[PDB]
> 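Hi! I'm looking at a structure that contains NVP-AUY922 and have some questions.
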There are 2 protein chains.
Amino acid sequence: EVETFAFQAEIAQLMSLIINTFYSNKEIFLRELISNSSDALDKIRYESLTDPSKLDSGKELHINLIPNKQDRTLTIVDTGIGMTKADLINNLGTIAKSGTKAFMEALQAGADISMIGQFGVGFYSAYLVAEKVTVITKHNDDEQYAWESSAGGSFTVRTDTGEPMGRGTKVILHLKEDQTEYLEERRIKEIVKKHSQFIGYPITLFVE
Amino acid sequence: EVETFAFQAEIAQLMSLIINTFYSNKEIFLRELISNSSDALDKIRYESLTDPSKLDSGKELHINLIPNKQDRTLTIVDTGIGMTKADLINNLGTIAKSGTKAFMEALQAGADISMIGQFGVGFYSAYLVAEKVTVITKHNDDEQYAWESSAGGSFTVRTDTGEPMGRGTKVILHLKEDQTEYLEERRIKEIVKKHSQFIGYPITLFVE
Ligand SMILES: CCNC(=O)c1noc(-c2cc(C(C)C)c(O)cc2O)c1-c1ccc(CN2CCOCC2)cc1
Ligand SMILES: CCNC(=O)c1noc(-c2cc(C(C)C)c(O)cc2O)c1-c1ccc(CN2CCOCC2)cc1
């Protein structure tokens, strides 16, 4: 049922850095995730240009932000290309080993955490505000899976049997106790207007 | 031998905008191209993780900037994944129709040209300083081609028989008469230090 994997040593080191380094500008985590969703949404667009049947799993390309104060989660859903089990296991489709190399090296030469995404490892900025992150994903070439980690050197991957989503990725952020501002309508609007104003797909902020 | 294609109406409109709009900050064009090269270099890295034989066409991943004052060209070569003829014809691998949509719409709502790359059409910023742009490209799954355009609503694609490059892309900028500062060692250093300091691959500035 549940498979458990060790993070590579560098990712495990990146995550510990993210979690442990005092750094107040935690809000960038949302920009980095909406920017991954946009990327994943570009890819399915690009693919559907030459093969229109790639969109049979959903023709709408968009991003939804869904807070839930009862569960203490913020969830970014996109109808992008999604990831295959292989992609999930190989660091969620990213060049994360060499990306963390570059990033640590940049951190040496005068970069701050907010720059994480120029190394292609922006996803991990989720650990700025979340204590567990769950990624449900569905790519056309594969079944639906859920990747999950509370950091600590390991992640899990299982097949997901709850709500088929048809196509895309859902990043559920189980927020830290003291990071619940990110569940506020007003606070999320502010960050999307500030950091993600010019994204080429609709972003819908759901209400509770 | 030479095939000739019409730009889609929007790209042709984007290019005319780029060429015709007074906008002094022309130097961003280099950031946008080094950033495409980095992206193309990420992709071959990601692919080679699971299939190491993808690197048989070259194991070095890097970017070279090569001015030539005699020919009045600046050339950005990368050993990235390269593009197939299909990719070249379909707007150099980009979602350019909807990207230009997004960009024009952003330009409405208060964005400037320097933001072009957040819509995935940064390549065309080459027309800020170049009167012709030639792209030689080689992907593992295809032969070597040269795409070329002086704008004006059409591009050409031929197969390239000069210097096999093994794998990657070469963007040759035939610079405009009054844009030759971009051929100066000092000026290029300045722009790379300013806009592209934290790129995860070596950038080599060649000397004349
Ligand atoms: C290759 C086939 N699929 C995908 O690329 C894909 N589908 O869904 C993706 C999403 C991934 C993330 C995180 C988990 C990496 C999201 O937050 C949202 C997505 O939609 C997603 C994806 C999107 C972005 C990235 C990271 N980029 C960052 C810059 O380097 C290249 C890769 C990795 C994966
Ligand atoms: C899909 C298989 N190949 C590639 O993606 C590829 N190989 O070489 C690429 C380069 C492209 C450009 C311009 C011509 C688009 C470069 O300037 C440099 C490259 O190395 C290149 C490429 C790199 C970037 C882009 C544009 N990005 C921009 C953001 O949206 C997604 C696509 C398009 C193509």
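Each sequence line gets a chain letter, starting at A and going down the list. Numbering of chain A is taken from the PDB entry, so the residues present carry the numbers 16-223, in order. Numbers in chain B track the PDB entry; the residues on display, in order, are 16-223. Looking at the header, which is where the method is noted, we find X-ray crystallography, 2.0 Å. Hydrogens, waters and symmetry mates are skipped; everything else that's a heavy atom, side chains included, is used. Whatever order the structure lists ligands and atoms in, that order sets their numbers, starting from 1.
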> Which components of the model belong to NVP-AUY922?
ligands 1 and 2
> What is the name in the PDB entry of the chain with the largest share of contacts to NVP-AUY922 (ligand 1)?
heat shock protein HSP 90-alpha
> Which other chains are in heavy-atom contact (under 4.0 Å) with NVP-AUY922 (ligand 1)?
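Under 4.0 Å by non-hydrogen atoms: A.
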> Give, by chain and number, all residues and nucleotides of other chains with a heavy atom within 4.0 Å of NVP-AUY922 (ligand 1).
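Heavy atoms under 4.0 Å: A/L48, A/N51, A/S52, A/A55, A/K58, A/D93, A/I96, A/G97, A/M98, A/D102, A/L107, A/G108, A/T109, A/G135, A/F138, A/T184, A/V186.
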> Does A/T109, backbone or side chain, put an N or O under 3.5 Å from an N or O of NVP-AUY922 (ligand 1)?
no
> Nearest protein heavy atom to atom 16 (C) of NVP-AUY922 (ligand 1), by residue and atom, and its distance?
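Here the closest protein heavy atom is A/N51 CB, 3.3 Å.
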> Just which atoms of NVP-AUY922 (ligand 1) are under 4.0 Å from any heavy atom in A/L48?
17 (O)
> For atom 20 (O) of NVP-AUY922 (ligand 1), find the nearest protein heavy atom and state the residue, atom name and distance (0.1 Å precision).
A/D93 OD2, 2.4 Å
> Among protein heavy atoms, which lies nearest atom 34 (C) of NVP-AUY922 (ligand 1), and at what distance?
A/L107 O, 3.2 Å
> Provide, to 0.1 Å, the distance between atom 6 (C) of NVP-AUY922 (ligand 1) and the closest protein heavy atom, together with that atom's residue and name.
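Among all protein heavy atoms, the one nearest atom 6 (C) of NVP-AUY922 (ligand 1) is A/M98 CG, 3.6 Å.
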> Against heavy atoms of A/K58, which atoms of NVP-AUY922 (ligand 1) measure under 4.0 Å?
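Here the atoms of NVP-AUY922 (ligand 1) in question are 5 (O).
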> Could you find the nearest protein heavy atom to atom 14 (C) of NVP-AUY922 (ligand 1) and give me its residue, atom name and distance?
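Answer for atom 14 (C) of NVP-AUY922 (ligand 1): A/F138 CD1, 3.4 Å.
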> Starting from atom 29 (C) of NVP-AUY922 (ligand 1), find the nearest protein heavy-atom neighbour and note its residue, name and distance.
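The answer is A/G135 CA, 3.6 Å.
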> So if I count the atoms of NVP-AUY922 (ligand 1) from 1 in the order they appear, which ones are less than 4.0 Å from some heavy atom of A/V186?
17 (O)
> Quick one: look up the protein heavy atom nearest atom 2 (C) of NVP-AUY922 (ligand 1) and list residue, atom name and how far away it is.
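Sorting protein heavy atoms by distance from atom 2 (C) of NVP-AUY922 (ligand 1) puts A/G97 O, 3.4 Å first.
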> List every atom of NVP-AUY922 (ligand 1) that sits less than 4.0 Å from any heavy atom of A/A55, numbering the atoms from 1 in the order shown and giving each element.
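Counting from 1, the qualifying ligand atoms are 6 (C), 7 (N), 8 (O), 9 (C), 20 (O), 21 (C).
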> Is A/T152 in polar range of NVP-AUY922 (ligand 1), meaning some N or O pair under 3.5 Å apart?
no
> Considering only heavy atoms of A/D102, which atoms of NVP-AUY922 (ligand 1) have at least one such atom less than 4.0 Å away?
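Listed by number with element, the hits are 1 (C), 2 (C).
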> Below 4.0 angstrom, counting only protein heavy atoms, does anything approach atom 9 (C) of NVP-AUY922 (ligand 1)?
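Yes, there is a protein heavy atom closer to it than 4.0 Å.
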> Identify the closest protein heavy atom to atom 32 (C) of NVP-AUY922 (ligand 1): which residue and atom is it, and at what distance?
A/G108 O, 4.0 Å
> For NVP-AUY922 (ligand 1), list all ligand N or O to protein N or O distances below 3.5 Å, rounded to 0.1 Å.
from	atom 1	to	atom 2	distance (Å)
NVP-AUY922 (ligand 1)	3 (N)	A/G97	O	2.8
NVP-AUY922 (ligand 1)	5 (O)	A/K58	NZ	3.3
NVP-AUY922 (ligand 1)	7 (N)	A/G97	N	3.2
NVP-AUY922 (ligand 1)	7 (N)	A/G97	O	3.1
NVP-AUY922 (ligand 1)	8 (O)	A/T184	OG1	2.9
NVP-AUY922 (ligand 1)	17 (O)	A/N51	ND2	3.3
NVP-AUY922 (ligand 1)	20 (O)	A/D93	OD1	3.2
NVP-AUY922 (ligand 1)	20 (O)	A/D93	OD2	2.4

